[PDB]
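The alphabet sets the chain names here, A first, running in the order the sequence lines are given. All chain A residue numbers match the PDB entry; in order, they span 6-405. What you see of chain B is 5-402, where the numbers are those given in the PDB entry. Remember, it's 1-based here, ligands and their atoms both numbered in the order they're listed.
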Amino acid sequence: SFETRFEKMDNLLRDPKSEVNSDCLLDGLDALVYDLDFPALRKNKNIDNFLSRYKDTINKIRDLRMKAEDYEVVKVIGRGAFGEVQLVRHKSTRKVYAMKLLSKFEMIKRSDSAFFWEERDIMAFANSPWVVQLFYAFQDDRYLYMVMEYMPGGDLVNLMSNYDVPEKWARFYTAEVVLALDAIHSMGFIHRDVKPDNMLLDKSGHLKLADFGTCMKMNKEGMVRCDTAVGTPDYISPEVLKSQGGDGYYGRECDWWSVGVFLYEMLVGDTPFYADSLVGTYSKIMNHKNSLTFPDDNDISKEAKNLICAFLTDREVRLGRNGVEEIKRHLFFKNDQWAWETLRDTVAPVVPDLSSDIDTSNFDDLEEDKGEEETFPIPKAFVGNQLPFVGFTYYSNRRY
Amino acid sequence: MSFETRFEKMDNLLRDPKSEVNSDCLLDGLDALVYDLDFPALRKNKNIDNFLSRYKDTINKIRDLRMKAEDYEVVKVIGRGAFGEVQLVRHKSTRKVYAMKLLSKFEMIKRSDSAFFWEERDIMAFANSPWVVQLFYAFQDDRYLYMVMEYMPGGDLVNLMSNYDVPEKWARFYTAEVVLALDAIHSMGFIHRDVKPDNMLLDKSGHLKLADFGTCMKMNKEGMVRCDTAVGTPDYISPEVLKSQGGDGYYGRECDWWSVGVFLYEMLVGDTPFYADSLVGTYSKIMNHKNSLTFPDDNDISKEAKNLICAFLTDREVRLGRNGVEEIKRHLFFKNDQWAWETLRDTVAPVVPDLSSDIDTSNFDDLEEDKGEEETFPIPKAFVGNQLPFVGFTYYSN
Ligand SMILES: O=S(=O)(c1cccc2cnccc12)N1CCCNCC1
Ligand SMILES: O=S(=O)(c1cccc2cnccc12)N1CCCNCC1
């Protein structure tokens, strides 16, 4: 029908998940002009003509659309390959955020994943108090930007370095993590990289997961097929580690194993598979059956040792293989301070005391500035480097 | 501007028809970027092979959903030449009759001239004047631009003049409607440059409208328009536009009035005042208009008619209409007791077409067969971008 058509087309233009919404189209055009405006390319009439036709237009667009200079960088609060994360204040709204920058070039400079789609998707649509929230995603010719909510409480790595974590606390966090992961699993993802670095605390001291660059959609059997291991040395599960071209087919248990590693570390202060060198940790992980030993410390409760072991074991017998409910029913969690379904409503073990909306006391210092890093080389022929990053923008068609 | 402002100015830009970034335009940019990239040679680049593999599913569905050629049933061709054929079409779904124009993307690309259509699209889509043929839909594909306009069943003035020995009363009426039409086009800030009987069409009521505006241009600060472009059929073209072969020339709107003069002479005489066997012949006689312009020894043509024709057919500097349209309207030739300017298009036309059906083409000559195998673009080894000149042409009405 002539009506049905105008409508479907209207929906494809609106839907916050359509590959051709205003966000995708404005991006598509923005990408083109960006990937054409080079003297070597302008030699071609069409290109030159087109660009002059859209010169005034494209410029007005880039001034109306969300851009980097719309934010006042309060301070850098995290770095990594592919880019950094900075405490920013939106110049116009005065609203404070944690904006994540991603070097378009760096990711293109061998990253073999396009990981950022998962992260954009999850943080933008999860709508879970366990997931860091993405408010805006925009880009330019050099960086991807992810305007997320700021977690003033800092990460769990920082917390652990400042306190000798008592069981009560360890229980609380392990519990919030378990609920957080369960929520991510519910969205149909295996996290694959559960670690204290990605565990952040809000202004109330409650946990949220950030950084989902390793998340991968589970199949109908609830499994994942991967020939190359992903994650972190200390926390990678024996199966994700051994994952080979021979198959590489594991379930969500790999996350629970990591939770065990997480628990062991809070109580002990060391990782269950620490070694002189990374490669040592590798051997100790595969040999978990023998390498998993607790130091002679009379303070790790029976239950704690039990759960840690229930997690740090071969997938087939690992606690969690039979849904999250069997983890929750473990004795280690048995307490008289909270119940699972109301946990994030109980008072946290460490509540941050913040001086201002931009208080970064719970984040280690970092240099700032650096000096504009090298990006793509000026094209001699049409390369189209902005094409892989079309539709990343989350601004014109976001969900409400 | 607040964040709310900025956000909304942008969100409205996506919905404005008069916007180059409207959703339709943007959808072109993508639709196009798929065509001028989906070549085995270009697939080598991953950013391309990936970009295309991602939008394959989507882009196809899009092209099928949007307004496409096979949405129209071609009733009969009613005009050809230029870069395509004007055909009588009935919308398959709405069952509405339209005059659809086609423009070979390749043909334009081939012989430069791939920018004229912007003016025509704009004027016919936004003029909103009864003196202008209306553009309802403008869509495209990889090969043709399409301009779904309103059908003018009364045919053109060329046809009318070939069937009647135009009397003065009639000549006056049409000259008057042309004058009003052009003035309206001038009001939008355009110099027409190509006023001729071919583009003068009559509606079902026998009233004039201008079609084909692919020669109009925006008047600069002082109301002029420089230009350098070859000239086809100079019969109606003015001395200034002619002496402007190469950009070495700025002319006013009075170039259109000269054409109106040519128009009037032809209706009353039956031939163009500067006709010659060759194009260069006509051109020469046009330049030597101070001497070449003669009237036959049959004083059928009235005093006023001879005056106006001469008032138009003269050097720009002294040409009638250099002091606004009002001095043309006040000419005696138009002095009559049948109509007044401000109500002219409300008076009964000298020739009202009698139509048999909504698809009656009796007032249009049968056209030949093209037999043409419209050449196609060659497979590019790099990025040619033969779609970029036609990006933002797509236009829909509400
Ligand atoms: O800056 S973060 O990358 C970071 C990522 C994502 C969202 C964030 C929200 N607020 C603060 C920091 C955030 N981060 C802080 C210290 C370094 N460890 C990783 C967590
Ligand atoms: O068919 S047309 O091309 C034509 C052009 C533009 C709009 C039209 C609208 N209705 C009918 C014919 C139309 N045309 C009549 C015959 C040949 N002379 C040129 C004008």
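Tallying contacts with ligand 2, the largest count belongs to the chain named in UniProt as Rho-associated protein kinase 1. Out of huperzine A, nomifensine, fasudil, meclofenamic acid, zidovudine, the drug or drug candidate placed at ligand 2 is fasudil. Other chains contributing a heavy atom less than 4.0 Å from an atom of fasudil (ligand 2): B. Binding site of fasudil (ligand 2) at 4.0 Å, heavy atoms: B:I82, B:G83, B:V90, B:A103, B:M153, B:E154, B:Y155, B:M156, B:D160, B:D202, B:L205, B:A215, B:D216, B:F368. When the UniProt ATP-binding residues of chain B are filtered for a heavy atom under 4.0 Å from fasudil (ligand 2), what remains is B:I82, B:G83, B:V90.
For fasudil (ligand 2), the UniProt domain of chain B with the most contacting residues is Protein kinase. In this entry, the organism cited as the source of chain B is Homo sapiens.
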